[PDB]
A.B. asks: 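First the structure, which I've put down as structure tokens, then a few questions once you've had a look.
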Amino acid sequence: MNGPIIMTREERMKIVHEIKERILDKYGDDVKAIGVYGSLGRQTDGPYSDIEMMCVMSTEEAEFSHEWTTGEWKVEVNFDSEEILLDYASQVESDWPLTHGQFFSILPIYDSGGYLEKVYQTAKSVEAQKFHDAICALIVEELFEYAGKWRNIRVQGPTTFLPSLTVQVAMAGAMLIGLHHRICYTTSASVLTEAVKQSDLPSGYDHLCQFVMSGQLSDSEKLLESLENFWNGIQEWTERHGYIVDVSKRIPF
Amino acid sequence: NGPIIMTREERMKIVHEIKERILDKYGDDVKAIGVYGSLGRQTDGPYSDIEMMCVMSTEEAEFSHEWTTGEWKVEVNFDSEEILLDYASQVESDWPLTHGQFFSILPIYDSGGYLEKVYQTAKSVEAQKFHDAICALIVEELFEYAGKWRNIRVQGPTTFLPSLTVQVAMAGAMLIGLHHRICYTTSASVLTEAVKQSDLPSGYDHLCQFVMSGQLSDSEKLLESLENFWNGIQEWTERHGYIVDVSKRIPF
Ligand SMILES: NC[C@@H]1O[C@H](O[C@H]2[C@@H](O)[C@H](O[C@@H]3[C@@H](O)[C@H](N)C[C@H](N)[C@H]3O[C@H]3O[C@H](CN)[C@@H](O)[C@H](O)[C@H]3N)O[C@@H]2CO)[C@H](N)[C@@H](O)[C@@H]1O
Ligand SMILES: NC[C@@H]1O[C@H](O[C@H]2[C@@H](O)[C@H](O[C@@H]3[C@@H](O)[C@H](N)C[C@H](N)[C@H]3O[C@H]3O[C@H](CN)[C@@H](O)[C@H](O)[C@H]3N)O[C@@H]2CO)[C@H](N)[C@@H](O)[C@@H]1O
Ligand SMILES: [Ca+2]
Ligand SMILES: [Mg+2]
Ligand SMILES: [Mg+2]
């Protein structure tokens with residue numbers, strides 16, 4: 001297994017339509033729609049891309065996937081009932097900016113009743129409260145946790161964790177920015193480059209990303225300073241924008 | 001401006017206050033309460049958060065309370081026994097990161113040996129599950145990463161390479177942890193513990209040195225090291241019998 005290998009878009013689409021034929025052969029009238037998502041769905045796949053497809057099923061409670069390799073390429077096909085997919089499309093978790101670009105990258109190749117259009121409309125019409133709640137949760141569940149981890153590093157080590165943690169913090173900052181601006185990053189590789197181009201960044205986030213994007217992560221004192229500055233920028237930014245969590249109670253239940 | 005420095009004794013006070021609140025609020029529906037994580041192992045440092053698990057009798061109970069006081073952070077998970085036992089016996093790609101919870105339990109209340117039963121379940125998972133998880137990890141994560149850094153080599157962007165290299169090193173540490181059936185103690189010790197194990201795939205220790213030192217700016221050296229680690233994976237998995245099925249063009 002020396003793959004993945006170089007492939008053309010033409011070769012990838014040939015594979016997509018073979019999979020389409022197998023899906024229709026196997027599930028027949030239970031198939032509501034089939035779409036390609038990811039880079040191939042946007043027709044911006046590069047030489048080494050994977051193949052990602054989604055199938056809307058009529059079967060109640062259908063929720064399964066097939067993910068496999070031939071050693072030279074890899075495919076993931078998800079199968080969901082319409083109800084399960086629409087619910088997923090309207091839930092906003094802390095990694096919504098990483099997961100839900102699926103619904104903005106759909107290339108329908110089969111659709112028996114506007115089903116993929118419905119999916120897109122549901123994904124693009126999520127209410128503002130869900131993004132507000134997800135941002136407040138991200139601050140508590142991830143950012144506050146990371147601050148404790150790098151502050152522990154400052155006092156007791158290990159600095160060998162600091163480069164990885166710094167990457168994690170920059171990624172969480174990109175989720176914060178993506179939820180706030182309601183943007184779904186196009187690829188894994190474009191998360192940080194797209195995050196730092198957005199407007200109204202928390203102070204210190206740009207600088208933190210500069211270390212991560214340059215790969216210059218060996219100066220622990222500079223990183224800890226940049227992390228603290230970003231944590232300060234977070235505090236100012238969330239109160240400016242009203243992402244306020246009541247922290248007054250020792251036990252809030 | 002938190003989290004702040006706290007002592008182990010201050011954290012244990014908080015834990016017992018939460019225990020009292022849980023028993024007042026839920027009463028006889030509480031089967032057991034435990035602390036896990038660094039505090040459960042009694043190795044918490046100055047800034048650690050507090051993590052607790054409850055076993056509930058209510059069928060389908062599955063919720064959590066996670067909050068900060070501005071100064072410290074707590075997460076309390078509430079699960080039925082059946083939901084928790086099921087979770088404790090499922091082996092995903094990140095089992096070495098997640099299931100140390102079950103080897104870190106400090107019991108503080110237990111009406112019927114429930115925490116011990118959860119621990120026994122977690123420690124007795126079938127070997128085949130780890131095999132399946134490793135084969136899944138190779139396909140679903142490592143093969144994906146290889147395509148991503150090979151795309152970087154030919155079309156950029158190299159600004160993704162340090163973050164991607166960190167991801168690959170972490171995925172290699174999951175592979176090692178699944179193989180040796182070990183749950184890393186903390187986020188921070190994953191890579192130092194992974195590279196101390198025996199039977200490392202070739203190229204893995206070298207790759208991790210870039211990640212641990214933070215020397216992630218030489219893109220050609222990183223790409224060469226990823227390729228060597230990817231080669232090392234192929235020899236290693238074949239040697240240990242983690243054979244990925246590549247025979248089907250469409251496997252359904
Ligand atoms: N509690 C047992 C089981 O937990 C599962 O969820 C697991 C996982 O998704 C979930 O992850 C939750 C998130 O969700 C939530 N949004 C933030 C929270 N900090 C995080 O917590 C988890 O991840 C952290 C690292 N990031 C760890 O530090 C932490 O100890 C761990 N409990 O925690 C669970 C593992 O502890 C299922 N809910 C269910 O099978 C069952 O209830
Ligand atoms: N399909 C719609 C919904 O997806 C959910 O799960 C989501 C998520 O956990 C799941 O993640 C799956 C994993 O599990 C599986 N073990 C490896 C697989 N490559 C991964 O795939 C996901 O993460 C990858 C990045 N590493 C992305 O490249 C990929 O596009 C994305 N589908 O993909 C789903 C997003 O597509 C639920 N299954 C369900 O609510 C519903 O089916
Ligand atoms: Ca025990
Ligand atoms: Mg946590
Ligand atoms: Mg994937």
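To find a chain, count down the sequence lines: A is the first, B the second, and so on, and within it residues start at 1. Atoms within each ligand, like the ligands themselves, are counted from 1 in listed order. Computed from heavy atoms alone, side chains included, the values below leave out hydrogens, waters and symmetry copies.
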A.B. asks: Help me out: which chain holds the greatest share of contacts with ligand 1, per the PDB entry?
C.D. replies: Kanamycin nucleotidyltransferase
A.B. asks: Select, from milvexian, saracatinib, neomycin, rilzabrutinib, the drug or drug candidate present at ligand 1.
C.D. replies: neomycin
A.B. asks: Which other polymer chains sit within a heavy-atom distance below 4.0 Å of neomycin (ligand 1)?
C.D. replies: A, B
A.B. asks: May I ask you to identify, for B/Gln101, whether its side chain, its backbone, both or neither come under 4.0 Å of neomycin (ligand 1) on a heavy-atom basis?
C.D. replies: side chain
A.B. asks: Can you find an N or O of B/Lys73 that's nearer than 3.5 Å to an N or O of neomycin (ligand 1)?
C.D. replies: no
A.B. asks: Taking a cut-off of 4.0 Å, which other ligands or ions approach neomycin (ligand 1)?
C.D. replies: ligand 4 (magnesium ion)
A.B. asks: Quick one: nearest non-hydrogen protein atom to atom 12 (C) of neomycin (ligand 1), plus distance?
C.D. replies: B/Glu75 OE2, 4.4 Å
A.B. asks: Could you tell me the residue and atom name of the protein heavy atom closest to atom 24 (C) of neomycin (ligand 1), and the distance to it rounded to 0.1 Å?
C.D. replies: A/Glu145 OE1, 4.2 Å
A.B. asks: Is there at least one pair of N or O atoms, one from B/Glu62 and one from neomycin (ligand 1), spaced under 3.5 Å apart?
C.D. replies: yes
A.B. asks: Note the single closest protein heavy atom to atom 1 (N) of neomycin (ligand 1), along with its residue, its atom name and the distance in Å.
C.D. replies: B/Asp79 OD2, 2.7 Å
A.B. asks: For atom 30 (O) of neomycin (ligand 1), what's the nearest protein heavy-atom neighbour? Residue, atom name and distance, please.
C.D. replies: B/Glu51 OE2, 2.3 Å
A.B. asks: For atom 5 (C) of neomycin (ligand 1), which protein heavy atom lies nearest, and how many Å away is it?
C.D. replies: B/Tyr87 CE1, 3.9 Å
A.B. asks: I need the contact type for B/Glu66 against neomycin (ligand 1). Using non-hydrogen atoms and a strict under-4.0 Å cut-off, is it side chain, backbone, both or neither?
C.D. replies: side chain
A.B. asks: Heavy-atom distances under 4.0 Å decide this one: backbone, side chain, both or neither, for B/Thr98 against neomycin (ligand 1)?
C.D. replies: neither
A.B. asks: Identify, for atom 13 (C) of neomycin (ligand 1), the protein heavy atom at the shortest distance, and state residue, atom and that distance.
C.D. replies: A/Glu141 OE1, 4.9 Å
A.B. asks: Could you help me out with the residues around neomycin (ligand 1)? Anything with a heavy atom closer than 4.0 Å counts.
C.D. replies: A/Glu141, A/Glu145, B/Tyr36, B/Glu51, B/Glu62, B/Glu66, B/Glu75, B/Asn77, B/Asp79, B/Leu84, B/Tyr87, B/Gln101
